[PDB]
Novice: 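We have in hand a structure of Interleukin-4 receptor subunit alpha carrying dupilumab.
Chains get letters A, B, ... in whatever order the sequence lines come in. Chain A is numbered as in the PDB entry; the shown residues are, in order, 1-216. We number chain B the way the PDB entry does; in order, the residues shown are 1-107, 112-138, 144-163, 173-196. Here the PDB entry sets the residue numbers for chain C, with the shown residues being 1-142, 145-224 in order.
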Amino acid sequence: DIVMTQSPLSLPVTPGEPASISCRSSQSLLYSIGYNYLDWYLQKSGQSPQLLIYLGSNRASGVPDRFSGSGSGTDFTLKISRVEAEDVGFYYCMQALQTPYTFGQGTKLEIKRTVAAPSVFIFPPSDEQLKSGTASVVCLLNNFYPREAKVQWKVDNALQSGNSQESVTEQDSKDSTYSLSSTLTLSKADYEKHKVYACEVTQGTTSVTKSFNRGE
Amino acid sequence: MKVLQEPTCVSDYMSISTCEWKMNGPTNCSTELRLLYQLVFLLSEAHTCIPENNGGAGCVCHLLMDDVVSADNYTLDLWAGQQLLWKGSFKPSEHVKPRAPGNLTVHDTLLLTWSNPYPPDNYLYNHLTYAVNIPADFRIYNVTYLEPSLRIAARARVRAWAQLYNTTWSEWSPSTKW
Amino acid sequence: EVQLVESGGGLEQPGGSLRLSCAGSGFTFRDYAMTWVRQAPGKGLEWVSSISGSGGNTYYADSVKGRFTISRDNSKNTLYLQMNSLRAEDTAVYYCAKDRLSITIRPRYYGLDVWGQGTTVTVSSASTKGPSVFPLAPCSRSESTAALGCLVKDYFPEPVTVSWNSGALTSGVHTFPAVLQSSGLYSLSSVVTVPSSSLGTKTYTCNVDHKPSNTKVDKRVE
Ligand SMILES: *[C@@H]1O[C@H](CO)[C@@H](O[C@@H]2O[C@H](CO)[C@@H](O)[C@H](O)[C@H]2NC(C)=O)[C@H](O)[C@H]1NC(C)=O
Ligand SMILES: *[C@@H]1O[C@H](CO)[C@@H](O[C@@H]2O[C@H](CO)[C@@H](O)[C@H](O)[C@H]2NC(C)=O)[C@H](O)[C@H]1NC(C)=O
Ligand SMILES: *[C@@H]1O[C@H](CO)[C@@H](O)[C@H](O)[C@H]1NC(C)=O
C-alpha cells in the first residue's frame, strides 16, 4: 500500500503567522491531469474528523480562504496563510487512490500565546458520595498558559503524595488556554480525621493556594 | 452459442464507445446477450448494455462514456442469461474515431468557419487537424492551426483528424455552396 | 442538512460479535459509496472497509479480512459493519463517511465530506459498570464569577458525553478527558463558570450519557 509520510509531527506557531505541512506519498496519486487523490482533514480532540481539502487543492464547503492546498504526484503541501486560535487540533492527510486508504502520521498544531494565570477553585466531596465510603476532592485550574504547572495537595499542611490523578484539556479554540483538574481520593475515614484541605498551584514565580475547612 | 470474433471497441473520446463482436451461428443480441462493463477504478459500479443486431451473427453496443481520458480502462463481461461467454478489457483512448466538425458558414476575402465539437477541457480540443474539400472536381486544404477557419481570394465540406495512433477520419460535416 | 448517525457500540467479549449501524439522511443513500474508519485511543486514523452504492463491490483492510462484514440497505438508508470474532486490538472508535458518487459510469469523489459522530467498541473480559454522578459545588462563605460542575466516577467502558442545561449552556464549559483509576475504571469531571448574579434566578443541570450501559444521569447542581 501507498506509504504517506506527513511532516512535521509537531507544529508550534504564533497567531497571524504562516504555517506549513508537507506530505510525501511512496507513489504517484495522480490519475489524470488535474486529478491527484490526496485529501486533508482536521480533528479537534473530542470531535469527528472534517475535510479541509479534497483532490490536492479543492476547498471543502465550510473551509475559509486562509487554507490552501498544493502539490502533485507524490509531493503535497497544506498552507495556512495566517493561523488562528481555532486552527488548533490534529491535521491528517489521506491518499484515496488505492485501498487501503492510508493516513499520514499527523501534525499537532499548537498556539504560542502569552502567559496566563489560572483561576483556581477547590471543591469538597458531595454528601452523597460519603455514603459510598470514598471522599473525592477536586482542584481546578481554569484558563491558563502554558500547560506546565505544579499542583500539590496539602491536608493540614501535610503534603500528600501518590493519592491524586490529573487531566488537562486540549488547547481551547477560542482563547488558546488550557484547563486542568486535579483529583484527590480518600477513605471517608481520612476525610473525617482531618479538617483543612488545600491545593497549591505553582507556575513560574507564583503559588496560589485555595483551601476549605470541612467545618465551614 | 460461441463468440466467433472477440469484442473490439472504438470510442469518440468523449461520450460514446462502440463495441462489436461476431458469433458462431445467428443470435438475437437484443434478447439473448448482455454486456456488463466497469471502469477499473476504486468504488466504481458495473453497468449494463443491451446490444443490437449487425446482421444475423453480429452484435453492436453503444456504451456510455463519462468522457474519456488516456488513463481509462474498462472491464468487459459478456453474459448469455447467467452464462459467461467472454471476459476482457479495453482502453477507449486507444482506438479513436473523431466526431465531425459543425456549423460550416461562409463570408477580398472568403472565410469559412466551423465548430470544434469537443469542449475546452477535452484532449481532442487542441489535437484536431482539419481537412477542407471544395460542381465537378475538387481541391483539399489542410488546416493545422488551432483556429477553425480558412481564408482565400478569387461540394464544400470539412472533416477532422486527431494526433493519435489507432485513429481514423471523422465523418464529413454538413456542406454549403459557395 | 445532510447527516450520518451511528449506533451499536459497546463492550463485547474477546471472541464475540457486534453489529454497527449507520443511519444516513439528506441525499440518495444508494447513489453513494460508504466507508468505515477506525481510531484506536492515542493512535491515528485507520481505514477499515468500503462498499459501492449498489452493494456490488466490497473492500476490506487485511487485518479484518474474513472477520468483519460490510453491508447496506438502500431502502432503509442504512449501512452495517458486521464485526465477528473480535480481538483485543479491535478496540477503537468507529466512524462512517460519505465516499464517492458511484451511480454514474465514472465515480465522482469530493473527499470524505460528511462524517458520522462515532461509536465506541471495547473488547474486554471485565464487566460494564454504569456511572456515578456527584455534583461539584464551592464551600460557601458568601465571588464575581462562580464555578460549578459534576464529577463522573466509576464507569466502564468509555465513552461518556456531558452536556449542560440540555444543550442550552455552552460558554465556560470544560469537560476533562477521562483517566484510568488503578481499579480499572474511568473517572471524568465537567465544570462550568457562571456570574454570581444569575445564581438565584437560573438553574444548572448536567446531562451525562453512557450509551454502553444505556444509562443517562441528570444532576441539578447547588
Ligand atoms: C429479437 O427478439 C425480440 C423479442 O422477441 C423482437 O422484437 C419484438 O418481437 C415480438 C415477437 O417476439 C414482436 O411482436 C414485437 O412487436 C417486437 N418488438 C419490437 C420493438 O420490434 C426482435 O424483433 C428480435 N430481433 C431479431 C433480429 O430477431
Ligand atoms: C485493464 O484492467 C484490467 C483489470 O481487469 C487488467 O487485466 C489484468 O491484467 C493483469 C496484468 O498484471 C493480469 O494479471 C490479469 O489476468 C488481468 N485481469 C483481468 C480480470 O482482466 C489490464 O492489465 C488493464 N490494462 C489494459 C491495458 O487493459
Ligand atoms: C493500438 O492497438 C494495440 C492493441 O493491441 C495497442 O497495443 C497499441 O499500443 C494501440 N495504441 C496506442 C496509442 O498505444
Novice: Which ligands or chains in the shown structure match dupilumab?
Specialist: chains A and C
Novice: Mind telling me which chain of dupilumab has the biggest heavy-atom pair count under 4.5 Å with chain B?
Specialist: chain C
Novice: What organism is given for chain B in the entry?
Specialist: Homo sapiens
Novice: Mind listing the residues of chain B in contact with dupilumab? I'm using non-hydrogen atoms and a cut-off of 4.5 Å.
Specialist: B/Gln38, B/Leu39, B/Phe41, B/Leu42, B/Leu43, B/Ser44, B/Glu45, B/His47, B/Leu64, B/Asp66, B/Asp67, B/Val68, B/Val69, B/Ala71, B/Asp72
Novice: Spell out which residues of dupilumab make up the paratope facing chain B, heavy atoms under 4.5 Å.
Specialist: A/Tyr31, A/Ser32, A/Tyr37, A/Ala96, A/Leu97, A/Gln98, A/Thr99, A/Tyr101, C/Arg30, C/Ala33, C/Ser50, C/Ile51, C/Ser52, C/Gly53, C/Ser54, C/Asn57, C/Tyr59, C/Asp99, C/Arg100, C/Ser102, C/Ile103, C/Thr104, C/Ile105, C/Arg106, C/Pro107, C/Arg108
Novice: Look up chain A in the PDB entry and give its name.
Specialist: Dupilumab Fab light chain
